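Bound state: Protease + saquinavir.
Index from 1, following the sequence. Note that ligands are numbered from 1 as they come in the structure, with each ligand's atoms numbered from 1 the same way. All values below come from the heavy atoms of this structure, side chains included, with hydrogens, waters and symmetry mates left out. Heads up, header says this was done by X-ray crystallography, 1.8 Å.
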Amino acid sequence: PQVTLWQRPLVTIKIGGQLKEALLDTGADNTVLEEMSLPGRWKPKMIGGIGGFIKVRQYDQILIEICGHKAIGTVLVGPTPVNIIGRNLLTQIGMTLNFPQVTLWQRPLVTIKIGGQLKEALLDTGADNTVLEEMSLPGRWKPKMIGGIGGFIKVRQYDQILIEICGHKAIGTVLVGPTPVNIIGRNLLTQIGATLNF
Ligand SMILES: CC(C)(C)NC(=O)[C@@H]1C[C@@H]2CCCC[C@@H]2CN1C[C@@H](O)[C@H](Cc1ccccc1)NC(=O)[C@H](CC(N)=O)NC(=O)c1ccc2ccccc2n1
């Protein structure tokens, strides 16, 4: 199927004999599930996101069915607020991002122009908002806090900002603060007609 991004791209997964919902997340390198019961050996691991880091258990060679499509790969289990299917599994179900077409064997990076400046950013189906590293933008803004996998961060909220995403123009809300990576979230992805296809 093809999936637009006006709503979170949720799918049904089956893993460890159990059914769950998860988010198709082009911005995630790994697949991370809420605490659950899986069989077998695992290894401790630390992973980062917005907000900081979390400890998870790493299971390798796990069979997972994603909306009926089977994949075997690494699944991390720990204190995430949302089940996320990252690029490690997305590639196995032939997921593509279209807006050109983009495969997910590498991070889906694009060039953006905003506030007169060129930057690189990550096309992120798993992000509700667009969050940029600290930068100089003109105009008024409002304080705000947003959450990610490791907790929360304080950002400045700029509304009605013009941004060019790989040559495509959009106007919307941009958040600016201590993110390690520039991320383009669904609020802007819809405006450039981005779809997921698998
Ligand atoms: C999952 C993991 C493998 C660890 N990958 C990542 O976390 C990478 C890390 C990258 C480098 C650091 C900066 C962010 C990018 C993109 N992220 C993926 C990225 O898709 C990440 C996935 C996610 C979704 C929900 C909750 C937690 C995590 N999304 C986000 O961080 C965006 C940020 C935002 N507020 O718009 N968060 C959300 O969209 C969002 C939505 C609902 C929520 C409810 C409760 C708590 C937090 C919630 N966060």
Quiz item: If you take every non-hydrogen atom within 4.0 Å of saquinavir (ligand 1), which residues does that pick out?
Solution: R8, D25, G27, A28, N30, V32, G48, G49, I50, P81, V82, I84, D124, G126, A127, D128, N129, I146, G147, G148, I149, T179, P180, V181, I183
Exercise. Please report which non-hydrogen protein atom sits nearest to atom 39 (O) of saquinavir (ligand 1), along with the residue it belongs to and the distance in Å to one decimal place.
Key: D128 N, 3.0 Å
Quiz item: Taking distance alone, with no angle check, do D25 and saquinavir (ligand 1) share an N/O pair under 3.5 Å?
Solution: yes
Quiz item: So, is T80 polar-close to saquinavir (ligand 1), with some N/O to N/O distance under 3.5 Å?
Solution: no
Quiz item: Going by the atom numbers of saquinavir (ligand 1), which of them fall below 4.0 Å from some non-hydrogen atom of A28?
Solution: 1 (C), 3 (C), 5 (N)
Quiz prompt | Protein contact of atom 46 (C) of saquinavir (ligand 1) - nearest heavy atom, named by residue and atom, plus distance | solution = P81 CG, 4.0 Å
Exercise. Show which atoms of saquinavir (ligand 1) fall inside a sub-4.0 Å distance from at least one heavy-atom site of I84.
Key: 1 (C), 2 (C), 3 (C)
Quiz prompt | Sub-4.0 Å atoms of saquinavir (ligand 1) with respect to non-hydrogen atoms of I146 | solution = 35 (N)
Quiz item: What is the closest protein heavy atom to atom 8 (C) of saquinavir (ligand 1), and at what distance does it sit?
Solution: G27 O, 3.5 Å
Practice problem: Return a yes/no value: protein heavy atom under 4.0 Å from atom 3 (C) of saquinavir (ligand 1)? | Solution: yes
Exercise. Scan the protein's non-hydrogen atoms and note whether one is under 4.0 Å from atom 33 (C) of saquinavir (ligand 1).
Key: yes
Quiz item: Can you list the saquinavir (ligand 1) atoms lying under 4.0 Å from a non-hydrogen atom of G49?
Solution: 7 (O), 9 (C), 12 (C)
Exercise. Return the residue, atom name and 0.1 Å-rounded distance of the protein heavy atom closest to atom 25 (C) of saquinavir (ligand 1).
Key: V82 CG2, 4.0 Å
Quiz item: Got the closest protein heavy atom to atom 43 (C) of saquinavir (ligand 1), with its distance?
Solution: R8 NH2, 4.5 Å
Quiz prompt | Protein contact of atom 28 (C) of saquinavir (ligand 1) - nearest heavy atom, named by residue and atom, plus distance | solution = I149 N, 3.7 Å
Quiz item: Identify the closest protein heavy atom to atom 49 (N) of saquinavir (ligand 1): which residue and atom is it, and at what distance?
Solution: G147 O, 3.3 Å
